[PDB]
Amino acid sequence: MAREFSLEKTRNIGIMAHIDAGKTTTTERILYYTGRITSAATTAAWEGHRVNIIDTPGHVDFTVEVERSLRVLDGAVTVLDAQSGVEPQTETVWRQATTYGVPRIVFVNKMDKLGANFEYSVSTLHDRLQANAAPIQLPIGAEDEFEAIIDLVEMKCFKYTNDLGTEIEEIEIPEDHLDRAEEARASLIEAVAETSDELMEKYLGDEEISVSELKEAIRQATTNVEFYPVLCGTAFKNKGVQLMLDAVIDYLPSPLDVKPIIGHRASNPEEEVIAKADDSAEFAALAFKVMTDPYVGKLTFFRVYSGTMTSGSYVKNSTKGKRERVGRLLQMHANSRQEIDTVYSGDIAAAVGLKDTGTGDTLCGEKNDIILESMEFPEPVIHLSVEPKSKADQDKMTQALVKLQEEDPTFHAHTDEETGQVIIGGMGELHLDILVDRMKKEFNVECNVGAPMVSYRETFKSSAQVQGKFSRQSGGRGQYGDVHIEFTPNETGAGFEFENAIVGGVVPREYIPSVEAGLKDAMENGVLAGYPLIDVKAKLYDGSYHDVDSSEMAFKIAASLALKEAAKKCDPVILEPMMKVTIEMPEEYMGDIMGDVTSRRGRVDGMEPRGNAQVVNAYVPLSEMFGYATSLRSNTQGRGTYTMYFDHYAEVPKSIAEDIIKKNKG
Amino acid sequence: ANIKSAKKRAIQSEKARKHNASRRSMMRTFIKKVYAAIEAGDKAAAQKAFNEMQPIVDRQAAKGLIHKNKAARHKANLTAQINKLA
Amino acid sequence: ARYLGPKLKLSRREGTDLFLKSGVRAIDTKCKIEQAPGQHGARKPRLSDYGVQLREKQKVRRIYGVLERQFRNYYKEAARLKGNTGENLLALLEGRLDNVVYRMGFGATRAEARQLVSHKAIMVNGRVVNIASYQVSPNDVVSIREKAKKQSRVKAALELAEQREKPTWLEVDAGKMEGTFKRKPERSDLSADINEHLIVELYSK
RNA sequence: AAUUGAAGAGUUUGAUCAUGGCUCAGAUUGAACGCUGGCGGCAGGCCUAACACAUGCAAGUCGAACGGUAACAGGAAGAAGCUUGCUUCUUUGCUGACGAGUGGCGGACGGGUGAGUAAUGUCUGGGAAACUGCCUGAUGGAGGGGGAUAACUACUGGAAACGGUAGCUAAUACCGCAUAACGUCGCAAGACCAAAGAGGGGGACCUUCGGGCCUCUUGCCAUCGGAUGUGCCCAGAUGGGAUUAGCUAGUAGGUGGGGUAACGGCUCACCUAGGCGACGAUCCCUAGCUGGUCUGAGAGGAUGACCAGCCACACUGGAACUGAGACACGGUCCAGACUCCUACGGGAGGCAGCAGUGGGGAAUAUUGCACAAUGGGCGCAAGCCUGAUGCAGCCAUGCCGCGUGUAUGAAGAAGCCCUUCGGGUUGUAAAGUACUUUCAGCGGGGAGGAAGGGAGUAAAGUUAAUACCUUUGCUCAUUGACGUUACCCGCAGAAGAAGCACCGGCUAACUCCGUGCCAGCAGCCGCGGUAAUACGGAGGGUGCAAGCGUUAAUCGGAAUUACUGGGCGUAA
Ligand SMILES: CC(=O)O[C@H]1C[C@@]2(C)[C@@H](C[C@@H](O)[C@H]3[C@@]4(C)CC[C@@H](O)[C@@H](C)[C@@H]4CC[C@@]32C)/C1=C(\CCC=C(C)C)C(=O)O
Ligand SMILES: Nc1nc2c(ncn2[C@@H]2O[C@H](COP(=O)(O)OP(=O)(O)O)[C@@H](O)[C@H]2O)c(=O)[nH]1
Ligand SMILES: [K+]
Ligand SMILES: [K+]
Ligand SMILES: [K+]
Ligand SMILES: [K+]
Ligand SMILES: [Mg+2]
Ligand SMILES: [Mg+2]
Ligand SMILES: [Mg+2]
Ligand SMILES: [Mg+2]
Ligand SMILES: [Mg+2]
């Protein structure tokens, strides 16, 4: 009838880090520890506190999962490798969490690794991440020697006697480490003192900071995302894991502590409705994950921001504007999946039997009409031309793409009309690889990917006057038409500009529109390599007509003939789509980026020192740009980002153009 | 079986099946002896064998192993053959 | 379920007063009865047999305020009932409590009378009835609630009824505000304007 | 009184008559889609994949069969666990209950589905050669013994599934014996066949102190009846195809034996050479049948969701067993396909029961509540079980009812639209002024579905007894999921409630302005190239209304398969 754990006790946390930082190991250990004495989120109990943990991937390709998790999470734990410290993807996940303003604590894992330097790791936090971080704990020894951790806040020591995380003997700080601990505690106070003016004055007064007093200030600072507590330990050797859990309860915010989400009323988008974490308030939940369990069926995970939900009820998806039958509510635990009857505010739960529900949707009561702000996912960085191996697969391919698009927001699929080609878009090579393989097996659709075909255009390089004449009196009815047109190269981007300079009505007014129509149709067809002719002006200066044989169709034919002869004299050239590329990277990799551009037949338009990452503006052929994402990340150590948008059509290099003609010919 | 009663009924049916088969075999054995005696041509032997069968078949019909019509048919058919055999 | 548009337009279209107003003033003052409603209302086009039959059926519906579905069911019942289908149909439309109330003079208009029925003001044989479609049988006492007696609108309606011709099949007493449905109105009693034969034809096309 | 019953139109031509097809106006639907959407009642709701299924539930009950007594409360006893006997801790089927087991009955009902089947089906009308738990009539019994065995106990192998071995023990379990004809067999004489006891109470009577005896209640056995159900036979009727004409060899018949509850090539041996078919055999295709439903003036045509009867089926293909009844949805065995668990040594399963999942699809709902009522199983009863059934949820899916106000209100305002630039139309429509509040919301009160079953209390019967028990009165306290019930009263406020298609003709409704054979429209005829009542948009109108259109589908109109009720000189 009542929630077992109060809103205060609830702790929705997430684990984020670089690849192989030890997220899975940490989560597994956490679950074991909470459990003793899978899915999207697992519920756990620690010191009479509900801890809903979500493990997020480290790869840039799976940034989606980090993004969606952060939206529906209160706190987070950043795991770091002791040897390497902050790594490229740690920076990415940090910035993501900064956007959502998620309070975070740092755990320096792998203290047993060779080259492990806690101090170095802490330094990287300050330099690379430029964040107010300070150690709340100090390690005693490094690598193999590391066998003890110091609680600086309480000035205590814990001697781990084994790698089983049991029989830990709490002892007094070693006198040798005591001096170090004192200095560290001083620094800890100072950092939190910057956040807490009261604490600062207490520090300035040189009055011994109470352990409770300090903890309260640290809690506040962390919750305000102004200070970042730094912990240490080894998950593999079961050291510091328990202390981290304690710090989660002591520092990471509760659903109440976190700032309230404001949802725009559906009826009045202008109207803004703040949603507090009150169970009595109207129910409001956000679906963040949509998976299909093999046993129960489709499982939609959601986070109850406000109100309460009971199983066997009807709710309304404000986003979709449709009623949803909440038949069953499952809560995933460390081992088994238990069916809950009621979900309260600040709780993460999975609904079984929901239909037409996607990630980012606001599920609410029928009376309720609030729409909580949805999550923002990035745009594809890599595009590939997917296609089925067989025609039978094409049907299945369509269905597969739909489902995949629903499951993964960042995955996108579309069909380019010009090329008539379905193009898949993703956050990286690894991402699209996984998606393709899934189609091959799960969906059983054998597909082959490749470079997206590029649509080219043509234009006349020279200006020439040409006459087009038609005559057909061979069989019965005779048709005649004559037109003198001048095809002059038009300013790039201006487009077709037909000029009626007919004087004395040499061409009848009624036939003149048909002349243009004929040209347009002929220009739509290729004059060189079957590519639409663009950026050409046609001037109808002179012509002729035979009242009897004058037919609009004849003039249309005459117009086509004129364009043909123009091509023979106007030097038609192939044009390629050029894209403005905006690349942002640390100045260290600037030379490499510019080199890559000038290697891909690109030109640097200029540069600008936006923030701490120099932004380079450049124009590069679309065909050349294929595969820039991977190379960019290779050159920038996965610290580079780019955006490409079509700018203009430019002439293809004669050699490349020659190839295009050959290809289109056969 | 999934139902408790079904499990029990299966056990009880096997118990019955065995009992019934033992009784049925014995009855048939006795009937065959009469038929064999008729084939042999010994009216006295046939009559003697029939007199042994009569109580058995009648009791079996009463128990429910066979029907009274079945018992009657056996006695009637044999009697006719025995009388002709004489 | 009810027509809530301009009542005068209906009468203008049919080219005859359908008694949709109280009748305190001349319909002519209220609207141009002669002209049909609309921009082209003045022009009078030739009407085909279908058009003639349709207008007749519509007229009767408009007078008694019955929608097509319920009216069609009435026709079927009339055909089922032994006798002249056309006349039977008219009798059914008359039997409606709402019509009875208006005719008794408890309501100024059938629209108003219907509001009285819906508001439970009317009592048939001492029993509250809130269905206008209710068919009042012969020898039935139709009274009005005590609260309804107090309503000033009822009193005014009675006055208008005095001006109108008195139904020969209804015995109504003022003050008591109680009427008696003596019998079903005969075709002779019913207006001769109604061409029931056309309606029968339309519903047998 | 059941008796009402029969409509045309457009389209071949320069025009005409005829012929003939096409199209249209009407009903009906398990409907779907688009747009729209206030309430209530009643009903309906996978037509697709007899596709595959996670999870719970859908068949148990009886201690008045039996050995018991694990489990909880007692009953005495009791170291009384206990110390004030304060508290009440050991015992024992003792004893109300009661796990597991043995036994009985049910599980062959109820519920689902229509795959197969053109007839070992259905329907209609008959027939003889049968059987039938429970229920009910009549006439007699129910005597006296034996041998087992589960549970249990000891031991022991399993990951599990579950077992193995040696003792042990009871019965309404099992089996002889006795007796038995209104039974069966037989010409007759003869021969032969059955049982079960268990509860309630109590007086002479009694040891074996348990009982016994008396009586009451229930059950058992035999035979003959009833009722009910079921098996079997026959005739007629119940689709299409000859671009299917021959088919058959247990086949057709006979005799004898065996077999069945019973008739019978049912089966087998033998003998005969038959049997069937143009009145359609054989073969192929399609399909559950019916009462009925829809349409039609009728004759017909179409159709067989929901309801009721019948049949068939239960993962697929076989097979028996048990039983009154099955060749058995939630039983067994074998085989197969498929899936699952595992300790890898082996196991497990069948939603075409109710929910529900995945899939397929244009498309069809909740893993709901109660056994209150009806009905069913078991029981002495109380009671227990019941996804039957009663209700609730969702859905405008249909049918029906209702509301979204009523009256008044003219320079008839504004605005829009048209305009003959005068006005007109929108339009009493608005505003305004009076006025009533259903329904909705809020609050309050409050039917019936409830009959019985209990505790007894009295009388009658009951017999030894006034016992017991039964029956009938009588008294008393209770028995509802729906349910915040139907319904009534009060509350304040017109508040909270109108949409959709159409306007060239057919066919009710017409203008303005765009567009200019384009863009579009379109059931049919046809529209669109300078205004187009046909498109596009606006005003106005028309038809319907919480619906309105569209698509699909059936019949009608269609005398257009013409039995009713048509034609063949030139139209077939
Ligand atoms: C649990 C967690 O943190 O991330 C999990 C969850 C994870 C991100 C998975 C990698 C990858 O399939 C992910 C994508 C985007 C792959 C493409 C689609 O199918 C998505 C619908 C899918 C959602 C999440 C998922 C399934 C994980 C990884 C990454 C493994 C690394 C490599 C190189 C394959 C992981 O478990 O380490
Ligand atoms: N040396 C060391 N290795 C560790 C530690 N914790 C985890 N690992 C290992 O580092 C790897 C981390 O893998 P995983 O937990 O999946 O990391 P994730 O990619 O961040 O989820 C594994 O091989 C772990 O066994 C630790 O404390 N020390
Ligand atoms: K015709
Ligand atoms: K045969
Ligand atoms: K079968
Ligand atoms: K004829
Ligand atoms: Mg991991
Ligand atoms: Mg079939
Ligand atoms: Mg016909
Ligand atoms: Mg003819
Ligand atoms: Mg001819």
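Proteins come first, then strands; the chains are lettered A, B, ... in the order of their sequence lines, and each starts at number 1. We use all heavy atoms of the structure for the numbers below, so side chains are in, but hydrogens, waters and symmetry mates are not. Counting starts at 1 for both ligands and their atoms, in listed order. Per deposition record, electron microscopy, 2.2 Å. Displayed portion only: the contact tally does not extend beyond what is shown.
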Exercise. Among fusidic acid, vardenafil, inobrodib, pranlukast, which drug or drug candidate sits at ligand 1?
Worked result: fusidic acid
For this session: Find the chain with the greatest contact count to fusidic acid (ligand 1) and give its name in the PDB entry.
Result: Elongation factor G
Exercise. Heavy atoms under 4.0 Å from fusidic acid (ligand 1): which other chains do they belong to?
Worked result: A
Exercise. Which is it for A:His431 and fusidic acid (ligand 1) at heavy atoms under 4.0 Å: side chain, backbone, both or neither?
Worked result: side chain
Exercise. Where does the entry attach fusidic acid (ligand 1) by a covalent bond, in terms of residue name, number and atom?
Worked result: none
For this session: Take atom 10 (C) of fusidic acid (ligand 1) and look for protein heavy atoms under 4.0 Å from it; say yes if you find one, no if not.
Result: yes
Exercise. Which atoms from fusidic acid (ligand 1) have a heavy atom of A:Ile434 less than 4.0 Å away?
Worked result: 11 (C), 12 (O), 16 (C), 17 (C), 34 (C)
For this session: Identify, for atom 25 (C) of fusidic acid (ligand 1), the protein heavy atom at the shortest distance, and state residue, atom and that distance.
Result: A:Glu65 CG, 4.7 Å
Exercise. Which residues overlap between the UniProt GTP-binding set of chain A and the residues with a heavy atom under 4.0 Å from fusidic acid (ligand 1)?
Worked result: A:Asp55, A:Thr56, A:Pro57, A:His59
For this session: Do me a favour and list the nearest non-hydrogen protein atom to atom 20 (C) of fusidic acid (ligand 1) with residue, atom name and distance?
Result: A:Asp408 OD2, 3.7 Å
For this session: Find all atoms of fusidic acid (ligand 1) within a distance of less than 4.0 Å from any non-hydrogen atom belonging to A:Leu430, and give their numbers and elements.
Result: 33 (C)
Exercise. Does the protein put any heavy atom within less than 4.0 Å of atom 5 (C) of fusidic acid (ligand 1)?
Worked result: no
Problem set entry | Numbered atoms of fusidic acid (ligand 1) (with element) below 4.0 Å of A:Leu435, judged on heavy atoms | 17 (C), 18 (C)
Exercise. Nearest to atom 28 (C) of fusidic acid (ligand 1), what protein heavy atom do you find, and at what distance?
Worked result: A:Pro57 CB, 4.6 Å
Problem set entry | Polar contact flag for A:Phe62 and fusidic acid (ligand 1) (N/O pairs, less than 3.5 Å) | no
For this session: Considering the heavy atoms of A:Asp55, write down every atom of fusidic acid (ligand 1) situated less than 4.0 Å from one of them.
Result: 3 (O)
Exercise. Under 4.0 angstrom from atom 36 (O) of fusidic acid (ligand 1), is there any protein heavy atom?
Worked result: no
For this session: Could you say whether the N/O atoms of A:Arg438 and fusidic acid (ligand 1) ever approach to under 3.5 Å?
Result: yes
For this session: Using a cut-off of 4.0 Å, enumerate the other ligands and ions near fusidic acid (ligand 1).
Result: ligand 7 (magnesium ion)
Exercise. Which residues and nucleotides contact fusidic acid (ligand 1) at a heavy-atom distance below 4.0 Å?
Worked result: A:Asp55, A:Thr56, A:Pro57, A:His59, A:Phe62, A:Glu65, A:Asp408, A:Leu430, A:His431, A:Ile434, A:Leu435, A:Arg438
